[PDB]
**Q** 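Here's what I've got: PF-06651600 (bound form), bound to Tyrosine-protein kinase JAK3.
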Amino acid sequence: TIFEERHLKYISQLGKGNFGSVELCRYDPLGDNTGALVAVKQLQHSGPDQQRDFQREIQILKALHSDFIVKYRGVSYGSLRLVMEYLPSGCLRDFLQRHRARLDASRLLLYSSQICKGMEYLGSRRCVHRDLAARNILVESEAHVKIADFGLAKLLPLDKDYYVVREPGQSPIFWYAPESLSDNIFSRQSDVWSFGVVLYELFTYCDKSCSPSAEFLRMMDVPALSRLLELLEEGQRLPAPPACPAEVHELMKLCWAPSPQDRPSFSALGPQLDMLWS
Ligand SMILES: *CCC(=O)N1C[C@H](Nc2ncnc3[nH]ccc23)CC[C@@H]1C
């Protein structure tokens, strides 16, 4: 659970995100290149708010125990770094693009069921992910996906089922629920809206030409956020992906219900995805 700074050997950059970076390191106490590979997150540059938010992320991940959530390994102190298991297949978005001629509808349904099971578990922990997208899902194997990146995650108080953010988000706007776009309201029901966008991503194999951004922009002087909110309020939605099974498209539409209270729960979605055959 405690990793010594001097034994973590830098190998390469895995990613850069919101005020932080994830690096591939080898935890090599023998110094002979035989140690295990780990994914290590740290804050890129100082900030008091970012530091509090980083400690929050570590506290959230440390207490999550699911086959469908990236495993917390430990921390290194200077909390300097968050140590996690390394998944060499990487993000689901790039994985789907490379293996599209190999993965069938059954396989996409299996991934959908696994993400929905991880999300049902997050909900049971009163955790709001706030950044669910195929780029934030990791691939353990050909038949196993895991939710990652809890950098924007929040724990709901026992007496409040949503939360309000002071400043508007910094993520691509095409995954946000209408209530998040209009009032900065986030809940487990806005994670359900984002999951509908994840299902769309899976069934387009994350093809850039019909991505949520390429397609919403194509359907779209007025600000882009306000224009997307206008489209959504009118009842306009992303179209059924090419060759998408009708039942899968119908589920995406339920996730995209205008009112958060009308969206299905992750517990109700789960058996439905499993019935379609995971
Ligand atoms: C989309 C490109 C991609 O693979 N990622 C994931 C990467 N994070 C990561 N990779 C492997 N193992 C891990 N364990 C925890 C986090 C990771 C960061 C950049 C992008 C999003």
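If you read the sequence from its start, that first residue is 1, and numbering goes on from there. The basis for the numbers below is simple: all heavy atoms, side chains too, and nothing from hydrogens, waters or symmetry mates. Every number for a ligand or one of its atoms is a count from 1 in the order of the listing.
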**Q** Applying a heavy-atom cut-off of 4.0 Å, say which part of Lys41 lies close to PF-06651600 (bound form): side chain, backbone, both or neither.
**A** neither
**Q** Starting from atom 14 (N) of PF-06651600 (bound form), which protein heavy atom do you reach first, and at what distance in Å?
**A** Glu85 O, 2.8 Å
**Q** Give the atom numbers and elements of PF-06651600 (bound form) that come within less than 4.0 Å of a heavy atom of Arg93.
**A**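 Going through PF-06651600 (bound form) atom by atom, the ones under 4.0 Å from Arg93 are 1 (C).
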**Q** For PF-06651600 (bound form), which atoms sit closer than 4.0 Å to a heavy atom of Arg135?
**A**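 So the atoms of PF-06651600 (bound form) that pass are 21 (C).
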**Q** Counting non-hydrogen protein atoms only, what is the nearest one to atom 20 (C) of PF-06651600 (bound form)? Give residue, atom name and distance.
**A**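 For atom 20 (C) of PF-06651600 (bound form), the nearest protein heavy atom comes out as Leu14 O, 4.3 Å.
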**Q** Closest UniProt active-site residue of chain A to PF-06651600 (bound form), and its minimal non-hydrogen distance to 1 Å?
**A** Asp131, 9 Å
**Q** Looking only at protein heavy atoms, which one is nearest to atom 11 (C) of PF-06651600 (bound form), and how far off is it?
**A**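 Protein heavy atom at minimum distance: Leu87 O, 3.3 Å.
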**Q** At less than 4.0 angstrom from any non-hydrogen atom of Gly90, what atoms of PF-06651600 (bound form) do you find?
**A** 4 (O)
**Q** Report the residue and atom in covalent bond with PF-06651600 (bound form) in the deposited model.
**A**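 There is a covalent bond to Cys91 SG.
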**Q** I want to know if PF-06651600 (bound form) touches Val70 in the polar sense, i.e. an N/O pair below 3.5 angstrom.
**A** no
**Q** Closer than 4.0 Å to some heavy atom of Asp94 - which atoms of PF-06651600 (bound form) meet that?
**A** 1 (C), 2 (C)
**Q** Would you check which organism the entry records for chain A?
**A**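 Per the entry, it comes from Homo sapiens.
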**Q** For atom 8 (N) of PF-06651600 (bound form), which candidate among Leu138, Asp149, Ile137, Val139 provides the closest heavy atom?
**A** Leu138
**Q** Evaluate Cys91 for polar contact with PF-06651600 (bound form), using N/O atom pairs at a separation under 3.5 Å.
**A**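 Right, the criterion is met.
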**Q** Working on this structure - any idea which UniProt domain of chain A most of the contacts with PF-06651600 (bound form) come from?
**A**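 The answer is the UniProt domain Protein kinase 2.
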**Q** What residues, by chain and number, sit within 4.0 Å of PF-06651600 (bound form) when only non-hydrogen atoms are counted?
**A** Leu14, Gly15, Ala39, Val70, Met84, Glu85, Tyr86, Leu87, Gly90, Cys91, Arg93, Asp94, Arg135, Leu138
**Q** When you check PF-06651600 (bound form) against the protein, what N or O pairs turn up below 3.5 Å? List the atom names and distances, or just say none.
**A**
from                     : atom 1 : to    : atom 2 : distance (Å)
PF-06651600 (bound form) : 4 (O)  : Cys91 : N      : 2.8
PF-06651600 (bound form) : 12 (N) : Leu87 : N      : 3.0
PF-06651600 (bound form) : 14 (N) : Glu85 : O      : 2.8

